[PDB]
Trainee: 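Quick one: the structure is below, questions incoming.
Numbering of chain A is taken from the PDB entry, so the residues present carry the numbers 4-610, in order. Computed over heavy atoms, backbone and side chain alike; hydrogens, waters and symmetry mates excluded. All ligand and atom numbering here is 1-based and tracks the order in the structure.
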Amino acid sequence: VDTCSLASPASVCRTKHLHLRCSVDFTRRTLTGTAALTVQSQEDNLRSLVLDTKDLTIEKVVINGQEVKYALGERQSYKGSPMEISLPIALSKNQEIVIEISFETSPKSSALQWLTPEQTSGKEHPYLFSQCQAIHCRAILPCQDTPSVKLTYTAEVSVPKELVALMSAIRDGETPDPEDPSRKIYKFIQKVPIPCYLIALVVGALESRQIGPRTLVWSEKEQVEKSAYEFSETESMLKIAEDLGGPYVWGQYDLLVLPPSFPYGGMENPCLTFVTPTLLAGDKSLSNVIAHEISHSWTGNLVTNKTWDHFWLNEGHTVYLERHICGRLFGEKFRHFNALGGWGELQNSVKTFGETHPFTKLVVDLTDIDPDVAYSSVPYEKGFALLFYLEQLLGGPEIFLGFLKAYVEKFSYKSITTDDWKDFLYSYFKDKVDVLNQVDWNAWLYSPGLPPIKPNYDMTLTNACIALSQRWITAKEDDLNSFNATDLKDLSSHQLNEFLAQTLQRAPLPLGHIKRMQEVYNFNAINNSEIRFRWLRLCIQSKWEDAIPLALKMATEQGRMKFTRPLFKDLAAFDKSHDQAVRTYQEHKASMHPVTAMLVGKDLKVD
Ligand SMILES: CC(C)C[C@H](NC(=O)[C@@H](O)[C@H](N)Cc1ccccc1)C(=O)O
Ligand SMILES: Oc1ccc2[nH]ccc2c1
Ligand SMILES: [Yb+3]
Ligand SMILES: [Yb+3]
Ligand SMILES: [Yb+3]
Ligand SMILES: [Zn+2]
């Protein structure tokens, strides 16, 4: 049972297909049209069904050419309102019918951000983008909003003719709109069954550039050249991912670089991965995000978590594959460096929540919990740590990668639970069941806090980061003179970031130390978003008033939640910037992404 959904479950009925015909109205900030759901009964004598909705206006529901009765239940907070539909004729098991729902979204749809022209790069045209994961698809259209159900889809999207629509699907042509010659209709087809959280739409002044045999990059004109360079490794990553996972079944792998308010680093929308423009470091150093979203084309989009309680299945396996891709590209020592880094991030998350908090469990219970509030590095890094620990237990990376590929083949096009995964693990490693029985399954899967065992990590690339961080932490005033730009000589951007992560873990440092760090390393000059983020956090937590405007600027000029939330939170905790932090939020709130606005508000204890 999916406790995040109010819809009929898959054991009652199953959506097979969605045909979406809609029009994007920028003047009203609404999407209007029809969602035609092909639904298969899973029960004898089925006379009604229930769908998820959130802030949707329902005009009518049509079956067999006639309007039918429906009722909207009372709103249940972030879950929205259940929509019960009375079928005109009782259905037998496996019978399929088509239900056409006429609907309109609210301008406040939590799935959508509507951008004015001034919020874009080009400054002439408006822009719209969606983000459905986890449970926001219901805020665009009525559906069984649960990843336990998979469906194909086709869509026709009417937009002002100067603009371009793209979706998580294969592009299927464009025409003038016969009802309004100021508009164009873009058509789309997704022929691989997907969970509805993978439905995506963007509308804006988009151009494209080819960067590989199956990849275009899309953005506004002013970002195209930079993005084409930044993500030039994409095809080589796809080839490695195919070796690890089996065939790529989705046809195209395009990339869309969003405006700065995109709340995530990446989102694995099928055929069209969405990325933050904060990846545009100029040197490809943040390309692990591409490798990660590529990997979801197997772990997530083919084998899918059955409910959000089992989210770690999606993210843990994907981080595991991500790090393997990067390991092939740049070496096994680099894979170990990033694995160790991720353990550090797990340390941070556990410290933040508290070692007994329910959100530090690998498998969670999301009953009455908004997924956006529970979201953290835990499913990512506790999940990766489990897989990395099992890798080392069961005989190494090539043995465990054999399992991963067999796992993907086994559960392709299905939605599964932790027990399904574990059962298959035991089946596959039939001859190592005694080794498997040494794992403390109850602790790993269901207990809060750090995992019961830390895996073994090569320290080669990490040693210099730790060494330099320790020099700074143990330095006294009379030691500050010895630090010099040459300290950074042999460190990669990845190592500089890790040096800062190590140091941030022991923050605050004395203000004089941080002032010296800027004097000799000039971190204010670095544009790499990950580095700048940790440096600004270090400054604010160490009470450097000079860093206040810098932190405010970064918190607001982009909206990746990873950066925006902790920067606002740090700014709120520093007495000198507290009032500015709350004021800046209040002034920006209306033009923020709805999810980001909500979470920053909660973080700051405002509204
Ligand atoms: C390299 C990755 C760790 C990057 C990470 N992105 C992801 O994990 C994406 O695949 C996730 N699909 C992001 C997500 C998770 C849950 C709800 C909405 C969106 C991110 O930070 O955005
Ligand atoms: O967005 C999500 C989805 C599933 C989850 N499980 C735990 C946190 C979480 C967040
Ligand atoms: Yb076609
Ligand atoms: Yb001294
Ligand atoms: Yb208030
Ligand atoms: Zn992911």
Trainee: Write down the drug found at ligand 1.
Mentor: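 Found there: Bestatin.
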Trainee: Which polymer chain has more close contacts with Bestatin than any other, using its name in UniProt?
Mentor: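 Main partner, per contacts: Leukotriene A-4 hydrolase.
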Trainee: Please write down residue, atom name and distance for the protein heavy atom closest to atom 21 (O) of Bestatin.
Mentor: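 Checking every protein heavy atom, the shortest distance to atom 21 (O) of Bestatin gives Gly268 N, 4.1 Å.
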Trainee: Could you tell me which atoms of Bestatin, counted from 1 in the order shown, lie closer than 4.0 angstrom to a heavy atom of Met270?
Mentor: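 Answer for Bestatin: 12 (N).
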Trainee: In the protein, which heavy atom is nearest to atom 8 (O) of Bestatin, and how far is it?
Mentor: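 Checked against all protein heavy atoms, atom 8 (O) of Bestatin sits closest to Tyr383 OH, 2.8 Å.
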Trainee: Identify, by atom number and element, the atoms of Bestatin in contact range of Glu271, meaning under 4.0 Å from any of its heavy atoms.
Mentor: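 Checking each atom against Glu271, I get 9 (C), 10 (O), 11 (C), 12 (N).
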Trainee: Below 4.0 Å from any atom of Bestatin, is there a heavy atom belonging to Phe314?
Mentor: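 Distance cut 4.0 Å: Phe314 passes for Bestatin.
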